[PDB]
Q: 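Sharing a structure, written as structure tokens. Questions coming.
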Amino acid sequence: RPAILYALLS
Amino acid sequence: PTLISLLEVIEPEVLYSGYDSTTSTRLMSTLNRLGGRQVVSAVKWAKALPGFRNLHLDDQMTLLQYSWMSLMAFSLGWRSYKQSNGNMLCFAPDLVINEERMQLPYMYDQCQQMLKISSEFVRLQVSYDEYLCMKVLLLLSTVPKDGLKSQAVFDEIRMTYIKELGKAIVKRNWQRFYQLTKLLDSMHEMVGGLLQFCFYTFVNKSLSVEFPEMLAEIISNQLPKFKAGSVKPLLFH
Ligand SMILES: C[C@H](CCC(=O)NCCC[N+](C)(C)CCCS(=O)(=O)[O-])[C@H]1CC[C@H]2[C@@H]3[C@H](O)C[C@@H]4C[C@H](O)CC[C@]4(C)[C@H]3C[C@H](O)[C@]12C
Ligand SMILES: C[C@@H]1C[C@H]2[C@@H]3CCC4=CC(=O)C=C[C@]4(C)[C@@]3(F)[C@@H](O)C[C@]2(C)[C@@]1(O)C(=O)CO
């Protein structure tokens, strides 16, 4: 599951 | 403070490719590089969507994961419309795709359909307020087949943004609304072509095409889910 995308919204 | 003007402020300004326009593979390997940053900016745009933050973490991961190509494609249509009246593909102000690099191998194919989106903008004379409003929808137009982990929240937000296209169209109601929802529908149809072409270049490693870690992760996740076919686009027809 996509790492950067995640740390964006989190 | 007006929603439509607020949209006007958050809409991303266009990135440069910063490209050395002096090969069919660099050309693609550039666009992906660029694309990755665009997606960054589109995420910051996403966070700064009113009501977007209302939606639950996962759903946001998802809506973006699903519509990302769509939004990218749409906006490329807008640029190519406003900049050359439908004539070239304008990715960034430095990277204009004319009929000469269209004859670049591999490449004719995918680029016709990027110009065909723009063609839609030409035929319909879309204004800016309209564009912004629709794009918000594309973000909410591609969803899993098996529900959404905040389905009530969504349905509200989606409606908000339609009523909003209502206002935007009124500014320029109800014979025109049809046409544009037909376009909002046919995006999933035409983007689904690019997404394929995308996955090809991705997994067929022997084409030495590069995608930045940003794009890399999103695609490698999004790929299997899309391949089986767990995705239903919300249509108007
Ligand atoms: C687009 C149509 C027709 C009504 C309308 O109003 N269309 C514009 C006419 C012209 N104007 C825009 C200038 C309005 C002038 C009045 S003014 O206020 O400007 O004086 C709209 C107006 C109200 C809409 C329903 C409700 O929303 C709620 C609900 C949402 C669900 O998802 C689907 C079902 C439902 C029942 C909707 C269906 C459809 O979607 C309707 C009939
Ligand atoms: C044909 C597909 C569709 C292409 C994309 C079309 C939409 C787009 C708009 C831009 O302004 C920047 C990059 C992207 C997001 C894109 F242009 C590139 O990234 C390359 C791309 C994915 C593609 O060329 C590839 O899969 C090659 O890897």
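Letters A, B, ... are given to chains in the order of the sequence lines, protein chains preceding strands, and every chain is numbered from 1. Scope of the values below: all heavy atoms of this structure, side chains included, with no hydrogens, waters or symmetry mates. Every number for a ligand or one of its atoms is a count from 1 in the order of the listing.
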Q: Count heavy-atom pairs within 4.5 Å of ligand 2 for each chain, then name the one with the most as the PDB entry does.
A: Ancestral Glucocorticoid Receptor2
Q: Not sure I'm reading this right - what drug is at ligand 2?
A: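 Its PDB name is dexamethasone.
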Q: From which other chains does some heavy atom lie less than 4.0 Å from dexamethasone?
A: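 Those reaching under 4.0 Å with a heavy atom: B.
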Q: Quick one: what's in the binding site of dexamethasone at 4.0 Å, using heavy-atom distances?
A: B:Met28, B:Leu31, B:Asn32, B:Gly35, B:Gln38, B:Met69, B:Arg79, B:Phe91, B:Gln110, B:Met114, B:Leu194, B:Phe197, B:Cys198, B:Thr201, B:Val209, B:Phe211
Q: Which other ligands or ions, by number and name, fall under 4.0 Å from dexamethasone?
A: none
Q: Any idea what organism the entry names for chain B?
A: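 The entry lists the source of chain B as unidentified.
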